[PDB]
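As structure tokens, the structure follows; a few thoughts come after it.
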2 protein chains.
Amino acid sequence: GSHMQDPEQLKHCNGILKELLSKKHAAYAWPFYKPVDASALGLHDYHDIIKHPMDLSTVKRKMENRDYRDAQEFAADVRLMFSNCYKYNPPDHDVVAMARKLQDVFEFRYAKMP
Amino acid sequence: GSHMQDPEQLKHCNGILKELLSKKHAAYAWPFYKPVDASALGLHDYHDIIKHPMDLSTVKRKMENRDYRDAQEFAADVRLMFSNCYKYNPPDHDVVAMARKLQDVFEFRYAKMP
Ligand SMILES: Cn1c(=O)c2[nH]cnc2n(C)c1=O
Ligand SMILES: Cn1c(=O)c2[nH]cnc2n(C)c1=O
Ligand SMILES: Cn1c(=O)c2[nH]cnc2n(C)c1=O
Ligand SMILES: Cn1c(=O)c2[nH]cnc2n(C)c1=O
């Protein structure tokens with residue numbers, strides 16, 4: 001059920017999303033900008049292992065289209081994106097190191113929800 | 001709607017929970033074992049800042065009582081527990097360092113969901 005706080009909480013989510021896409025974090029956010037192109041990257045098992053792909057451009061489209069009804073729905077998609085990275089790649093992969101840094105940005109600001 | 005995979009996914013969640021409570025992680029998991037006793041700790045603003053407290057003993061009770069209907073519901077509570085820590089405490093607090101380590105244990109194993 002919609003709560004009167006949902007629009008303002010979704011604005012905070014949109015602010016987080018803008019930050020995740022901003023130049024400040026680009027050195028470690030770039031793998032998450034667009035859907036994994038598994039074939040182009042030679043990751044021919046990606047879609048067998050990752051049944052629910054997610055990336056920031058998809059989160060952005062869903063925000064713009066008002067798909068997310070509350071902050072929790074938005075956060076679940078962002079976390080799914082990171083979990084897919086942790087599931088698919090070995091834990092010492094540089095993309096995992098980047099995911100952990102970007103997820104720290106996300107989690108600490110999401111925790112500051114007004 | 002319940003899916004036939006939900007019992008086995010909740011068993012994986014229960015395994016994660018058991019690991020989070022195990023001696024292997026006790027050096028950094030202990031702050032999360034029981035509800036924050038705000039008055040006893042002198043944290044007299046805790047319940048003004050944290051509107052939804054969560055801790056591992058509460059997650060355990062909810063698992064034992066079949067409160068969680070799927071893995072996503074379980075994960076949201078575990079993540080709420082960590083987010084409360086990130087919200088309430090300064091980011092250099094030792095309890096935050098412990099939360100980040102325990103959350104890494106959680107996220108990497110949750111990502112290995114069968
Ligand atoms: C360093 N780096 C890369 O190595 C890379 N590869 C693809 N986009 C990239 N971007 C945006 C980037 O900043
Ligand atoms: C998200 N992601 C991955 O998980 C990954 N694994 C290997 N290359 C990868 N690339 C380029 C990527 O963007
Ligand atoms: C080190 N340490 C502590 O400092 C502590 N304080 C309360 N429980 C505690 N436990 C279980 C612990 O291991
Ligand atoms: C979870 N948590 C906290 O967030 C915290 N902040 C200060 N002491 C704290 N303690 C003992 C604690 O258990």
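Labels below follow one simple rule: chain letters A, B, ... track the order of the sequence lines, proteins then strands, and each chain is numbered from 1. Heads up, header says this was done by X-ray crystallography, 1.1 Å. Numbering of ligands and ligand atoms starts at 1, following listing order.
Of miglitol, theophylline, alafosfalin, the match for ligand 2 is theophylline. Looking only at contacts, the largest set of contacts to theophylline (ligand 2) comes from what UniProt names Bromodomain-containing protein 2. Chains touching theophylline (ligand 2) with a heavy atom below 4.0 Å, listed by letter, come to A. At a 4.0 Å cut-off, at least one heavy atom of A/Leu43 sits close enough to theophylline (ligand 2) to count as contact. Of the residues of chain A touching theophylline (ligand 2), most belong to the UniProt domain Bromo 2. With a cut-off of 4.0 Å around theophylline (ligand 2), no other ligands or ions are picked up. The protein atom (non-hydrogen) at minimum distance from atom 13 (O) of theophylline (ligand 2) is A/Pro31 O, 3.1 Å. No part of A/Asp55 comes within 4.0 Å of theophylline (ligand 2), judged by heavy-atom distances. Every atom of theophylline (ligand 2) with a heavy atom of A/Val36 under 4.0 Å away is listed here by number and element: 1 (C), 2 (N).
Looking at atom 10 (N) of theophylline (ligand 2), its nearest protein heavy atom turns out to be A/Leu41 CD1, 4.0 Å.
When hydrogens are left out, the protein atom nearest atom 5 (C) of theophylline (ligand 2) is A/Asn89 OD1, 3.8 Å; that is the closest non-hydrogen contact. Within 4.0 Å of theophylline (ligand 2), judged by non-hydrogen atoms, the site holds A/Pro31, A/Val36, A/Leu41, A/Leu43, A/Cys85, A/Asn89, A/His93, A/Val95.
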Between theophylline (ligand 2) and the protein, give all atom pairs where both partners are nitrogen or oxygen and the distance is under 3.5 Å, as lines of names plus distance to 0.1 Å.
unit_1                  : atom_1 : unit_2  : atom_2 : d
theophylline (ligand 2) : 4 (O)  : A/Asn89 : ND2    : 2.9
theophylline (ligand 2) : 6 (N)  : A/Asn89 : OD1    : 2.7
theophylline (ligand 2) : 13 (O) : A/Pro31 : O      : 3.1

